[PDB]
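Throughout, a chain's letter reflects where its sequence line sits, starting with A, and its residues are numbered from 1. Atoms within each ligand, like the ligands themselves, are counted from 1 in listed order. Header entry for method reads X-ray crystallography, 1.8 Å. The analysis underlying the following values was restricted to heavy atoms, covering all of them including side chains, and did not include hydrogens, waters or symmetry mates.
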Amino acid sequence: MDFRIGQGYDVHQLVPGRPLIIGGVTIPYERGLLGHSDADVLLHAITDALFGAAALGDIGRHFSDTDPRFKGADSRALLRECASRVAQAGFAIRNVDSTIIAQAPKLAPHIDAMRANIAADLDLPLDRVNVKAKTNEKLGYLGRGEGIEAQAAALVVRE
Amino acid sequence: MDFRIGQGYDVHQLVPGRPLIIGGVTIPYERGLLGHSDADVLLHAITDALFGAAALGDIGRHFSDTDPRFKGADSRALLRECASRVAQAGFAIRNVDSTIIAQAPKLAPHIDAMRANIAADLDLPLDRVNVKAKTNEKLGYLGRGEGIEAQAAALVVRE
Amino acid sequence: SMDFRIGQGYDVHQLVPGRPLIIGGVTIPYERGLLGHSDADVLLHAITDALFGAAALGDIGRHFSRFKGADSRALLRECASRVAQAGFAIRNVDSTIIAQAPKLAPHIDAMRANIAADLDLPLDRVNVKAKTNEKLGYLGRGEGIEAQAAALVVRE
Ligand SMILES: Nc1ccc(S(=O)(=O)Nc2ccccn2)cc1
Ligand SMILES: Nc1ccc(S(=O)(=O)Nc2ccccn2)cc1
Ligand SMILES: [Zn+2]
Ligand SMILES: [Zn+2]
Ligand SMILES: [Zn+2]
């Protein structure tokens, strides 16, 4: 009965010349996200929500860019290590919900693939992982296609 | 004890010649929100939070903005159908919290009416529904009054 | 006791010259500070709104329109009092600060300690996270700082 909630936010710039990787899925698009590794905005937000629910700080405190252990680590490896640390701190994950905000491309065809990657990385049943997607109605840098945002919420319980 | 959390986000442009309908309340104003449905940004954010908590996808999955049957749709009717599907998936709603962010008009006079509408639609008492209203402190497209944003959080439990 | 409730909070304040930068009750050296009627502590405000939201007590604007000169930790303490008054116990708080500058990492642990003391919580039930905005929008240009918060309470 010792439930805890966590919330996560991430954003990355979207420009020509890089791949678009969201939720572990490479998506064909004229632009891609800029960041240290694969720049997976959705997995970063979920990771931060999980560290937050466990009150373990955040993704920057756990996985520094200079650390040799995570030099070439992609964001799924980081999500899996996050989950291991959350479990070791005594918490079981109960569910994850999230939103991707991107003016383009359409993300609906890729939701089930993202959910399957996230559930596998968290060792969760598929029906405890949700990903939602929407545009920003052409408003702001998101609406002009200059960035993509992800939001995440996670519920855990201390066991 | 099988609790789940969900989160929701929505935004719509503020334009001339549209009803301003937020939380089911038709608010007197020279502009209104632009969308395929009645464009109720607050009810959409809450709908997304509820679908997300039940791991049922999102409002685009259940009520496509491409579908003619939803042109001008009453978003309270959509919220009620969302709650019906969430119940059909086995979940009871425990509470909803939300934020509306707008430069104008003043929303304080309308918040209690919005809360009562949401509570009615979700078959909740008033004390389990909360609506918060704020400005964006003059920043960004929200500060310039180009759109209105809503955020939502929901807790459900699988019975 | 299984009557859990969640709340969510959002705040943003402009960064302006000639004012202290106070976030999570920590005074951070910086050329600018946050603009507000209070000390404009955007993180404490977001947490405050999340707590009012979880207890279904409305929001800051309704509670804190005898507080004319109060700093935001006093308001967070008052918020926690009202949450308790309504029969709720706070179970945990999580939050994110979005600021392009300055670096907040050295100050996070003090913010967490401040929030924990104000809410009468142990450290392991309070969390503060910090991000830039990748140089995007008004946050990325350093025109404001945003905070987000989530809170879990239970009605006893
Ligand atoms: N059934 C339905 C519901 C909402 C809309 S909307 O384009 O007015 N608003 C939307 C649409 C998708 C996500 C969020 N808001 C159109 C159709
Ligand atoms: N009592 C009180 C507290 C804070 C403020 S603020 O306008 O500096 N910050 C706010 C105000 C409303 C919602 C969020 N932050 C004004 C009055
Ligand atoms: Zn990232
Ligand atoms: Zn909408
Ligand atoms: Zn504030």
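The main partner of ligand 2 in this structure, judged by heavy-atom pairs under 4.5 Å and named as in UniProt, is 2-C-methyl-D-erythritol 2,4-cyclodiphosphate synthase. Present at ligand 2 is the drug sulfapyridine.
Other chains reaching under 4.0 Å from sulfapyridine (ligand 2) with at least one heavy atom: B, C.
Residue contacts with sulfapyridine (ligand 2): C:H45 is placed with a nitrogen or oxygen under 3.5 Å of a nitrogen or oxygen of the ligand (distance criterion only). Numbered from 1 in the order shown, with element, the atoms of sulfapyridine (ligand 2) that lie under 4.0 Å from a heavy atom of B:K134 read 13 (C), 14 (C).
Looking at the UniProt divalent metal cation-binding residues of chain C, I find a heavy atom under 4.0 Å from sulfapyridine (ligand 2) for C:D11, C:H13, C:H45.
Contacts with sulfapyridine (ligand 2) closer than 4.0 Å are made by side-chain heavy atoms of C:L75 only, the backbone lying farther away. Note: other ligands/ions under 4.0 Å from sulfapyridine (ligand 2) - ligand 5 (zinc ion). For sulfapyridine (ligand 2) and C:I60, the ligand atoms under 4.0 Å from any heavy atom of the residue are 12 (C), 13 (C). At least one heavy atom of C:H13 sits under 4.0 Å from some atom of sulfapyridine (ligand 2). Taking every non-hydrogen atom of C:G36 and a distance limit under 4.0 Å, the qualifying atoms of sulfapyridine (ligand 2) come out as 8 (O).
Taking every non-hydrogen atom of C:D11 and a distance limit under 4.0 Å, the qualifying atoms of sulfapyridine (ligand 2) come out as 14 (C), 15 (N). With a non-hydrogen cut-off of 4.0 Å, the residues around sulfapyridine (ligand 2) amount to B:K134, C:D11, C:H13, C:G36, C:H37, C:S38, C:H45, C:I60, C:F64, C:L75.
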